Structures are given as C-alpha cells and as structure tokens.
Peer 1: 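Quick one: the structure is below, questions incoming.
So you know, we letter chains A, B, ... as the sequences are listed, proteins then strands, and number each from 1. Only heavy atoms go into these numbers, but all of them, side chains included; no hydrogens, no water, no symmetry mates. All ligand and atom numbering here is 1-based and tracks the order in the structure.
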Amino acid sequence: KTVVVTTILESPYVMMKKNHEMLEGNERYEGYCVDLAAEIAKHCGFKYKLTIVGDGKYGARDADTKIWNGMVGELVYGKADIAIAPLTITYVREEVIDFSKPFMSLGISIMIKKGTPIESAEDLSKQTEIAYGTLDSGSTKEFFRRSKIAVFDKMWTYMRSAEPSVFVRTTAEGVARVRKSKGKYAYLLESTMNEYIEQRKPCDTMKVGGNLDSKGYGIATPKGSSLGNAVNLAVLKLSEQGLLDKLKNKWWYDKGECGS
Amino acid sequence: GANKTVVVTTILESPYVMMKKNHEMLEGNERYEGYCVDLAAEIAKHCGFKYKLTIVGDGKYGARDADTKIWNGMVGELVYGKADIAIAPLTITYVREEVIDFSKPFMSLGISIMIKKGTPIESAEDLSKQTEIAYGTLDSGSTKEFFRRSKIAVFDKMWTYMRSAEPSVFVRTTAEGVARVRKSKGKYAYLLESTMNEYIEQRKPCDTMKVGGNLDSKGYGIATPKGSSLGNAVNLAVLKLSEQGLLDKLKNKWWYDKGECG
Ligand SMILES: NS(=O)(=O)c1cc2c(cc1Cl)N[C@H]([C@H]1C[C@H]3C=C[C@@H]1C3)NS2(=O)=O
Ligand SMILES: NS(=O)(=O)c1cc2c(cc1Cl)N[C@H]([C@H]1C[C@H]3C=C[C@@H]1C3)NS2(=O)=O
Ligand SMILES: N[C@@H](CCC(=O)O)C(=O)O
Ligand SMILES: N[C@@H](CCC(=O)O)C(=O)O
C-alpha cells in the first residue's frame with residue numbers, strides 16, 4: 001500500500017538534510033516538494049516512499065528509440081506511482097502521463113553573471129561572445145528545439161551545434177558554469193530556480209529580462225492511475241488554503257545572504 | 001452518433017467576449033469578439049468540432065446556493081446539461097472541480113485591488129484597517145468565495161466587514177464594480193482578478209489602478225461536464241496553444257495592442 005514517489009535533487013525542492021548519512025527513508029530529505037508530498041499524502045490518505053530518480057533527469061523521449069528517461073520514464077515504465085517534483089506540464093508529457101493542475105508557476109528565464117552585457121533573449125541571439133545553453137532532458141531544451149519564434153529558433157540553431165557543448169547535466173552545473181565563466185556563459189533555466197539562486201551566496205548571478213513563456217509544475221501520475229483525481233483535489237485544496245504560498249515563502253525565504 | 005454542434009457557454013465580460021460593432025444586424029457567433037471568441041475558434045479547430053456561442057442566461061460565473069445546493073451561472077449550465085463546454089474566464093476552484101472538469105489553465109491571475117487613482121490604499125491590509133473606504137467583490141464567483149472561506153486574518157477581517165456592509169458592497173457584474181470605483185471619489189475600492197484589473201487600467205478615462213500584490217495565484221480553465229469525452233482533446237489543445245505562443249499573442253492582442261491609455 002506504500003506509494004512510490006519519484007522526485008529529483010533540485011534545490012530548494014528536494015535536498016539532502018545535514019547529517020543525512022545517519023538518517024533513513026523519507027527523513028533524509030527536505031525542501032518544498034518534501035513538504036508538499038507530506039501534505040498531498042495526508043490529504044489523499046496514503047503512505048509513501050520518496051525515491052530519487054535513478055538517472056537524475058526530468059524526462060525526455062529519445063527521438064530514435066522513443067524511450068522516455070527521467071521521472072517521466074519512471075512513471076511510464078511503472079517504476080514509480082507518482083512524481084512530486086518541479087516537473088513541467090507539457091504537451092508531449094500529457095500524451096503519456098497525467099498531471100494535476102499546477103502547484104507552482106514558472107517561465108523560462110535568463111541567468112547571467114552580474115555585469116554581463118545582456119538584457120534579453122534577443123540580446124543573446126544577436127551576438128556570439130557570450131555562450132548560452134540549457135539543461136539536458138527537460139522542458140527548456142525542448143522549448144528551444146520546437147520554437148518557431150525567430151529569436152528562439154536562432155538561439156536553438158546556435159546552441160545545438162555550439163562547441164564545447166552548452167548543455168548541462170544538472171541545474172547546479174549550469175549555475176556553476178555561469179559563476180566560473182567570467183560572464184562568457186549565460187544559462188537558460190526556469191524562473192523559480194533562477195530566483196532561488198539569485199538570493200543566495202555568493203550573490204553573483206541575476207535574472208534578466210522577462211520570462212520567455214508562462215507555465216506550471218504539476219504532480220504526475222501514470223496515465224489512468226486511480227490516484228490522479230484525489231491528488232488534483234489536494235493540490236486545489238492546498239492552493240486555496242494558502243499552503244502552497246506558505247511553502248514557497250518558506251523555501252524561497254530570504255535570509256539576507258545578498259545585501260539586505 | 002453523428003457530429004453535433006457543441007453549445008459553448010460564455011459570459012459578456014470584456015475583453016473576453018464583447019458585442020461587435022454592428023452586432024444588431026449580425027447573427028450567431030459573428031455577433032461577438034474578444035479573447036475567448038478567438039480562443040473558442042482555436043480550440044474548435046484543433047479538436048474538430050463546430051460550435052455555437054451562447055451567453056449564460058443569468059450573467060453569472062457560478063456558485064452553489066448553500067440552502068438549495070443548486071448551481072447557477074456557467075457552472076450550472078454545465079452541471080444541468082444546458083451547455084457542452086464553457087470557454088470563459090472561469091477560475092479553476094476546488095468546489096467547481098468536484099462537479100465539473102477543467103483543462104489545464106489558459107491564463108493566470110490572482111485576486112487584486114482596483115482603486116481610483118490617488119486613493120490612499122496600497123494593500124489588503126490597508127483596506128482591512130480602515131472604514132472610510134468601502135470595498136467589495138463580484139457576486140457568484142470565485143473572489144467572493146475566496147473571502148468567505150479564508151482563514152487568513154486579514155482576509156477574514158475583510159470578509160466580516162463586506163458581508164455585513166450596508167449598502168451592499170457586492171456587484172452583479174464587473175462593469176458595475178468599475179463604475180462604482182470611478183464614481184465614488186476614492187471611497188470605494190474593488191476586489192477583482194488581476195486580468196480584469198489590468199485590462200481596465202488601460203481603458204479610458206485611465207482613472208483606475210491596480211495596487212498591491214496579488215492575494216492568490218490561480219488560473220482560468222476550459223470547463224466541461226464531468227466525464228465529458230471532450231475534455232482530453234481540449235486539454236491537449238490548450239497545451240499546444242500555450243507552447244506555440246498563441247495564448248500569449250491573444251493576451252497581448254486584447255489587453256495591450258488595443259490599450260487606450262498610451
Ligand atoms: N505563487 S506560486 O507560484 O507559489 C503558486 C502558483 C499556483 C498556485 C498556488 C501558488 Cl502559491 N495554485 C494554482 C492552482 C489553483 C487552481 C487554479 C490553478 C491551479 C488550480 N496553480 S498556480 O497558478 O501554478
Ligand atoms: N501570460 S498568460 O496568463 O497569458 C498565460 C498563462 C498560462 C499559459 C500561457 C499563457 Cl500565455 N499556459 C499555461 C499552461 C501550459 C501548461 C502548464 C500549465 C498550463 C498547461 N497555463 S498558465 O500558466 O495559466
Ligand atoms: N522543470 C523542467 C526541468 C528544468 C528545465 O528544463 O529548465 C522539466 O520538468 O523538464
Ligand atoms: N473568474 C471568476 C469571476 C470573477 C471574480 O470572481 O472576481 C469566476 O470564475 O468566478
């Protein structure tokens with residue numbers, strides 16, 4: 001009767017606690033999605049086990065093999081019962097798994113090292129001194145691959161062939177590359193993650209320009225799962241009680257690392 | 001059996017659905033224009049159905065009578081089988097999700113405050129702590145329900161005031177709330193969704209303003225009767241339109257490209 005929850009190590013959604021090496025089970029983890037999982041499970045009346053996605057990916061389909069990886073794959077192949085993570089609701093994913101109504105909003109955004117002479121996606125597209133890229137196997141990369149918008153398509157044509165690769169395996173790696181590249185790398189990532197990082201030491205990154213799109217994260221289940229309806233009602237209840245706002249404010253709490 | 005014209009319930013709410021110039025000699029869907037008229041056409045094209053737009057009889061979004069338990073508005077038209085789909089600025093809410101289905105959201109919004117320019121109010125907390133400036137909400141919608149149900153002290157305080165205020169602070173249509181702000185010399189502020197607030201802020205005579213942050217975060221969805229076979233296709237259409245940038249293009253068309261305040 002224990003529900004297997006797939007999730008991903010992505011700050012501040014799920015993180016290893018201090019001294020996690022002597023902790024066990026769900027108690028190893030903390031973050032927005034850890035708290036959200038506990039609330040959803042309490043409303044729906046299930047016990048659950050948090051498991052970190054084996055390949056560390058969000059989820060994409062191989063164009064050749066047509067196999068899904070990441071958390072999406074874990075749902076598709078029956079390795080998990082639900083995904084509670086910053087997993088973007090997208091058309092291609094909705095074809096193969098189910099999603100609750102969104103629990104958090106986001107859009108694609110630009111992270112620069114402070115002082116970089118870039119204010120917009122158009123700015124990035126019109127120059128070549130500053131490299132830029134995205135996370136592999138997620139919705140941001142797919143956004144650029146599929147876009148017919150001139151600026152974004154121009155960006156895709158550059159990124160897909162850039163050498164060395166501009167794509168990164170994890171968000172943390174993209175952020176580190178921004179920080180270490182003396183302004184010669186900018187990173188395309190979701191506004192949620194960008195805003196979290198902007199408020200943390202060493203306070204050397206910034207979000208610039210407006211978001212490139214508008215969407216949300218949802219709780220995902222395998223297609224047709226019996227859990228979907230109750231999970232969706234739980235998201236709506238927690239939204240209306242103000243609990244999703246409370247969790248956002250807790251995990252994006254500003255302690256004054258950067259200025260004050 | 002054979003394909004049948006889909007009955008779309010919607011609501012006369014600018015800029016979502018508006019009477020076209022020359023509507024008096026036009027018929028059918030041609031009578032109307034706006035964001036939801038354009039959206040209905042896109043959804044119908046993707047889903048492969050023909051449709052008839054029909055303005056909700058009672059002019060309401062939809063609420064359940066606590067005594068009779070009967071649903072009114074667009075929600076009621078779906079619940080009682082009078083319409084096949086609602087394409088409107090209909091907020092996705094818990095109590096509605098219990099009785100009808102919703103697509104993923106096609107537009108985001110939150111509850112917000114509209115003031116007459118110069119009114120000395122910056123926030124809901126400001127409103128809650130004074131009595132000179134009256135304030136209220138639309139009837140039979142999700143904003144009123146938000147206040148009625150809130151356990152948050154500031155919003156509970158606001159509800160306690162609004163529910164007993166005399167004369168009534170509630171309005172039957174958004175237009176009536178706008179008029180009350182505009183005519184009340186700063187002595188009425190209106191609680192309404194950020195989408196509608198931002199639209200009115202760009203309409204003549206450019207005398208209103210949104211103040212403060214939004215009080216919540218939610219969205220509008222396309223609604224169908226519970227279990228309707230149309231829901232899956234409509235949902236995928238919303239996602240496709242979102243990802244193609246078409247929803248953003250439509251919002252800019254109806255809010256900003258046509259703005260009258262500069
Ligand atoms: N401010 S936020 O992104 O934490 C945030 C974002 C969102 C919230 C709640 C919060 Cl707190 N709830 C809404 C939900 C309420 C109902 C209407 C839309 C979904 C279903 N989703 S959202 O609009 O994606
Ligand atoms: N900027 S906006 O409100 O017009 C707006 C708002 C939204 C859009 C698209 C636009 Cl253009 N799409 C998203 C949709 C994309 C997928 C993720 C959440 C739903 C399904 N809904 S939203 O986040 O409510
Ligand atoms: N939230 C994204 C991952 C991050 C990104 O692609 O920027 C997804 O669900 O794929
Ligand atoms: N969108 C709201 C109506 C507007 C409001 O309540 O402010 C609803 O679906 O009830």
Peer 1: Which drug molecule is found at ligand 2 in this structure?
Peer 2: cyclothiazide
Peer 1: Please provide the name that the PDB entry uses for the chief contact partner of cyclothiazide (ligand 2).
Peer 2: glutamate receptor 2
Peer 1: By chain letter, what other chains have any heavy atom closer than 4.0 Å to cyclothiazide (ligand 2)?
Peer 2: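 Heavy-atom contacts come from A, B.
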Peer 1: Taking heavy atoms and a cut-off of 4.0 Å, what residues surround cyclothiazide (ligand 2)?
Peer 2: A:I89, A:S214, A:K215, A:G216, B:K104, B:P105, B:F106, B:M107, B:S108, B:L239, B:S242, B:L247, B:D248, B:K251
Peer 1: For A:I89, take its heavy atoms, then give the atoms of cyclothiazide (ligand 2) lying under 4.0 Å from any of them.
Peer 2: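 Those atoms are 16 (C), 17 (C), 20 (C).
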Peer 1: For atom 15 (C) of cyclothiazide (ligand 2), grab the closest protein heavy atom and report residue, atom and distance to one decimal in Å.
Peer 2: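 Its nearest protein heavy-atom neighbour is B:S242 OG, 3.2 Å.
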Peer 1: Below 4.0 angstrom from a heavy atom of A:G216, which cyclothiazide (ligand 2) atoms are there? Numbered from 1 as shown, please.
Peer 2: 17 (C), 18 (C)
Peer 1: Which protein non-hydrogen atom lies closest to atom 16 (C) of cyclothiazide (ligand 2), naming both residue and atom, and how far is it?
Peer 2: B:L239 CD2, 3.0 Å
Peer 1: Any N or O on B:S108 sitting closer than 3.5 Å to an N or O of cyclothiazide (ligand 2)?
Peer 2: yes
Peer 1: Which residue, and which atom on it, receives the covalent bond from cyclothiazide (ligand 2)?
Peer 2: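 As deposited, there is no covalent site.
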Peer 1: Specify the protein heavy atom at minimum distance from atom 22 (S) of cyclothiazide (ligand 2): its residue, its atom name, and the distance to 0.1 Å.
Peer 2: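 That would be B:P105 O, 3.9 Å.
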Peer 1: Among all protein heavy atoms, pick out the one at the shortest distance from atom 11 (Cl) of cyclothiazide (ligand 2); state its residue, atom name and that distance to 0.1 Å.
Peer 2: B:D248 OD1, 2.4 Å
Peer 1: Return the organism named as the source of chain B in the deposit.
Peer 2: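 The deposit names Rattus norvegicus.
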Peer 1: Checking a contact table here: which protein heavy atom is nearest atom 7 (C) of cyclothiazide (ligand 2), and how many Å away?
Peer 2: A:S214 O, 3.7 Å
Peer 1: So is B:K104 polar-close to cyclothiazide (ligand 2), meaning N/O to N/O under 3.5 Å?
Peer 2: no
